[PDB]
Amino acid sequence: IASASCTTXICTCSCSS
Amino acid sequence: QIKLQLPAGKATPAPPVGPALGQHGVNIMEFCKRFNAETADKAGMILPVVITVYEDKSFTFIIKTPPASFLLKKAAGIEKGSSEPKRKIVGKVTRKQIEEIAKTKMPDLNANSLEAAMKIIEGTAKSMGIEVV
RNA sequence: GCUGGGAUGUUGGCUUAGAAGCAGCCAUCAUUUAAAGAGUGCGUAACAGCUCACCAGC
């Protein structure tokens, strides 16, 4: 339901490092 | 090089598209309008496209024929495949229908004969609880 | 042992946020093949990537 970089269907995913 | 199955005339959503290739360098907006451009000829169906992104973030993409499972679902008039293929049949299609799908997907199939093509399609139907009659 | 290949439907169906050979359940066909599992293990969030089966040359 939340994270950064890490799912397929709601909206987060990734985006730095 | 990314690949996904986007519906005919539709694109841009974050959950479905965006994040996906949007994290490889691709510029969503350009693809959405572009994809939805030629995906006009064939609308309503879910078609798989293979996006390719060059070092300069630019990109191209080939549009293929819709998945077998998809066409099959459509043909059997169902919305989902059996939850337990073979153990529970959730739909069925005529041998002629297999012929239609095999013909439709031919450009993406490697069969040397319409017979081999149908045998391929049948393999998919057998995997989603769809029978042939 | 070494090198190369290990392909197509297809990310199989379901499930799931995702579930793409590899969390889990069901199925495990077909094609093109010299050969290549609806995949042995590692791996990824899922992909990717590595590896094994299998085949070929030496």
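To find a chain, count down the sequence lines: A is the first, B the second, and so on, and within it residues start at 1. Modifications are flattened: parent amino acid or X, and no contacts from the extra atoms. Only this structure's heavy atoms are used, side chains among them; waters, hydrogens and symmetry mates stay out.
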*Asks:* Which drug or drug candidate is found at chain A?
*Replies:* thiostrepton
*Asks:* I'd love to know the main binding partner of thiostrepton (chain A) in this entry - how is it named in the PDB entry?
*Replies:*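 The largest contact partner is RNA.
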*Asks:* Other chains near thiostrepton (chain A) with a heavy-atom separation under 4.5 Å: which ones?
*Replies:* B, C
*Asks:* Any idea what name the entry gives to chain B?
*Replies:* 50S ribosomal protein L11
*Asks:* Any chance you could list the binding-site residues for thiostrepton (chain A)? Cut-off is 4.5 Å, heavy atoms.
*Replies:*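 With heavy atoms under 4.5 Å, it is B/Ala14, B/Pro15, B/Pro16, B/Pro19, B/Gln23, C/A17, C/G18, C/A45.
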*Asks:* In this structure, which residues of thiostrepton (chain A) contact RNA chain C at a heavy-atom distance of less than 4.5 Å?
*Replies:*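 The heavy-atom contact residues are A/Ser5, A/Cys6, A/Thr7, A/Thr8, A/Unk9, A/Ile10, A/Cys13.
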